[PDB]
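Read through the structure below, which is laid out as structure tokens, and then see the notes.
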Amino acid sequence: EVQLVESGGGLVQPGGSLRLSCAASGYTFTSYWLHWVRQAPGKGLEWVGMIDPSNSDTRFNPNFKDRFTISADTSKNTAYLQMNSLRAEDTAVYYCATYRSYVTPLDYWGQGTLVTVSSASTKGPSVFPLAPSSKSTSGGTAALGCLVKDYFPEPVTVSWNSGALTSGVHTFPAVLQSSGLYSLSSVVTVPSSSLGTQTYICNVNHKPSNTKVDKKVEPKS
Amino acid sequence: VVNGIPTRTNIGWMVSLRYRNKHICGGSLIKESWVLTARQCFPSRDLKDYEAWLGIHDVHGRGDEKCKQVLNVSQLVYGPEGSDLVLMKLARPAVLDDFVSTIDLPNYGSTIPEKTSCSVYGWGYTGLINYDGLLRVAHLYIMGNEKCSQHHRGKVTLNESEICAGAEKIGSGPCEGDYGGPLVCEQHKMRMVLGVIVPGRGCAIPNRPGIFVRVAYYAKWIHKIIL
Amino acid sequence: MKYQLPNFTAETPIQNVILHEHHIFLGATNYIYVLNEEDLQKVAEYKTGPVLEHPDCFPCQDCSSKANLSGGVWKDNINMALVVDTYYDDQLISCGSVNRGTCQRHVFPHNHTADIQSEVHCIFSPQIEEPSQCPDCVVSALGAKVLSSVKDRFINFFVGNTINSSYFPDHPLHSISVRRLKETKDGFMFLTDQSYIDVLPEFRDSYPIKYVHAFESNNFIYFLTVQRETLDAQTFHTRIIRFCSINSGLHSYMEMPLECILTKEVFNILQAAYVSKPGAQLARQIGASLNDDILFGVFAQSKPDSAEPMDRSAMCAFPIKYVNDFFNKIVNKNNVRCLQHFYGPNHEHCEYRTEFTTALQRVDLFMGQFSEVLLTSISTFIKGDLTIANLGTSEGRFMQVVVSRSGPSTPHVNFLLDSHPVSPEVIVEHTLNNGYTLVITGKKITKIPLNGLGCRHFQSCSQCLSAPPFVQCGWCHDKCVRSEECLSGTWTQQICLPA
Amino acid sequence: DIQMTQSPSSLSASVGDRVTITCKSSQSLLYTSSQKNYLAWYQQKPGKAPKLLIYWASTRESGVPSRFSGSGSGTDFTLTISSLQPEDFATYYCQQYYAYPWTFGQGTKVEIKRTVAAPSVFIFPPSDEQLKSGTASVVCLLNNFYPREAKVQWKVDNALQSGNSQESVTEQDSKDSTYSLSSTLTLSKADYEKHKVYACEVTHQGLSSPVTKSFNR
Ligand SMILES: *[C@@H]1O[C@H](CO)[C@@H](O)[C@H](O)[C@H]1NC(C)=O
């Protein structure tokens, strides 16, 4: 199986530079051009460029011909996208990709890393409980969750009971507040009968601020 | 102009474009400060090399003294891609005269009826042993782009940016030295420059009409530039 | 492999070939032959020489009148260029070694497009001014490359000339230049003083420049040269020359060295070049748009301190886009300097004509398969998703081989065309349905099918069925051919009926 | 570039319907030698790489359900999806890989129509822990409703609120074809401790009349 993993994503000042990694496995690295594609949050797909590991040839979307660079290390089966003079509109998800043969465009992709070009400081979020209602219909359904508030930048991830609860979960799109700080809640619906018996922990992770939080949400006094 | 006649007098709107002190092309004075002409007439990007001569009958100015105007060029504004047009701005507006005069433009997008009388003017090649150097004129008639191409043997088909004119059965028309000058026609009492002379597929071939750039197609563009 | 194909042997050696209106025109010593496209039978011939040339006798007239031999020298007329024009009334334009390198135009009569004798005009106007210029002196006898193109409603000639210093106040030729035909058709014109870039008189003898090939692409004009690495260098290399396609003059003129290597064995001397689109598979392999022009060039190793080919060959591909990226973005100053042979070495300057210092490198695409051989000709075409090259050798050997970075390929077609070296002047024609190339060897020219020849090799149904699958060979009732050539309804890759 | 123009940008169709997306390119993607069009169709689920559906204009990729079909030639191409399923909610991208730079269409957002379904509404008071901070967040949950158009109005001691709240909506659910919504009221601790009743008032096509959920500080 072909596998592609990006790395190096994160926060970077406007004007600054950032090097993305793409480590490949499962094929002759030198026999396929390695492509980079990007997507701004909720926007279309834009093709960046590609390199040929065998000789280090490059091809760029005329837009990035000046500012962008692609490098390769055959010994590491890894490609590097190098960006400079980064600006606001470069904030995006960056995928690396390749193909099975000349018949297809891109057959394989990475997960993508998020590159945020901003001037804001990294801030870890606070995590507050969204405690289930006293009057949760007994025999019926209760709602509870987590307020993940005031962090930067994206993204944050929410699992419940360490991935063991997934049914009935809605982790919402984070919103950008006026302070320029992100905030989101994650809720889950649950049998009312389960309250006081079943432990509900939301597992929150913000890798940029390097903070993990497990908040147990329970009925209040 | 091959198989043309000398013009009996001056033609007010005729411009001789000089490159490195020699006549290189024709042009039409369409406004005090604007001459219309062809892209092929500019070998050099450096405007010091160019002069416009107005109110001249003889290409060397011989005999033209109290009428001739010599102006520098301050701007070249090229027509849209595929037009071969250039609008040349004079460093100093030309003074209108009996000898110096503008020629009207057509309405944008206007058509012209087939057997409409027209005239080409120019100081270019004539095939004469001793060209006197007096401005020449040849009379042509308009021809449908379709019918023009039927005479051209389907070797070339015409875009709407082109226009055709030619002598009925004889060979005559503009040639080397005539480029950028006007094809002029009058349906009504007024003269309009309907076409601009551009290099053709051979000078003065019998039964073979000339292709000109259709001014009425670029009329809108021209007006933005000159008003 | 032995095949019988449509062929033609001329009275003399063939220099150039041009295909127009289903007739084939041959530029040969002392003759222009007109052949039929179908069977290559001679339709007509035009005697261009020998001619009697002299100081007094003047260009574009016969001085056979006064063959008095006062100082008469007979000279064979070698064709240096042969061009078809259909912008003005259809014409053949032919320029020979004699008569100051002037050209002659053969105007086809309305219904007879194989008649080059009725109307023949010698292109010459006496230099009008007080001039040391000869716009009508087009072609050099030492070797010339003519690229013809219509631009701005004029016919423009871009010309590469090899020159010496045996020259006149009139009758100076130019190394590289652009000039246009007058609409009167009686002469050529240089538009400005920048319309030509010449080797300094001081170097014309010690610094020969050979012009292998020329082409347009991307709005640029490209010439390929062979020459010394340096003014006084004893070594030779290949360069690609780029300039703006304008007629007013040569602009943005830049020369760049081209190394074709094998993995560090340098093949420094280009023998022949062909530009075409890449087949689908190859395009992906080399990062090209199916859209993109590719320069395919067969290179050879020179003998030490020489431009003489050494019988070892490589084939490198140069995407124009790739080439352009190096021309376009200068990078290190250290790689660029004033054009050494145009300005002096010690010029104040040392528009601005420029040369690069380091060579742009590619890697043999045939993986050293042609190391012990001298490739002298190459054309290139697409078949399905494949890219195929037509190669010729110094020995008269012709080969068809698939081009790919993924593995080498034994030519599916390989046979001896002739005793004589295969000429680099080739033609590819795509009859939509199917296609052929015209290949020259000495005095003979041959019409080779682009596709079905692999099959014709097999003499029997059995052999034919055990042909390698990619050739798409099959048995049509009495012969081995590809599907498309079977007029007996029934074509097979599976069944041989009783013999 | 070669410009890619998808149409429409959005459409909302029912389960079992035939959907049609259109893709026009500024020049022919036809590779004449093999007579193949170099145009492809991707499907993109939120937070996921694009998945290749169709290549060479009409050739379905391995695995791809039979109901996806490409067609067209030259400059005009069509992605059809007969028998639309709920898991088919996504954004479809046409891409040409005929020349560089490769270019995609704007993408077409595809949503699933389904019977109207009223939301369950819940309300959350700020947490005491959060009040230690100095701010109060009041959360209102709108669970599993269709269609998306929903109005939430906050009320404190019965007064309407303006520009002190924000909402996010989840991506349609791949099997329910529903959305969920979250509305946060943000207030200073001062302004919060100064009032008594906090209500969230929802209007939806699924509710006979508006629904209110509230609590007392
Ligand atoms: C050349 O053509 C002649 C005339 O048909 C033919 O008989 C002969 O075999 C051909 N020669 C070769 C080498 O194909």
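Chain identifiers are assigned alphabetically (A, B, ...) following the order of the sequence lines, protein sequences preceding nucleic acid strands; residue numbering begins at 1 within each chain.
The drug seen at chains A and D is recorded under the name onartuzumab. In the deposited model, most contacts to onartuzumab involve the chain that UniProt calls Hepatocyte growth factor receptor.
Other chains within a heavy-atom distance below 4.5 Å of onartuzumab are, by letter, C.
The epitope of onartuzumab on chain C, counting heavy atoms under 4.5 Å, comprises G279(C), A280(C), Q281(C), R284(C), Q285(C), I286(C), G287(C), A288(C), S289(C), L290(C), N291(C), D292(C), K321(C), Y322(C), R362(C), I382(C), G384(C), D385(C), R405(C). Under a heavy-atom threshold of 4.5 Å, the paratope of onartuzumab against chain C is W33(A), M50(A), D52(A), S54(A), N55(A), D57(A), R59(A), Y99(A), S101(A), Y102(A), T104(A), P105(A), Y31(D), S33(D), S34(D), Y38(D), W56(D), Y97(D), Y98(D), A99(D), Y100(D), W102(D). For onartuzumab, the UniProt domain of chain C with the most contacting residues is Sema. Source organism of chain C, per the entry: Homo sapiens.
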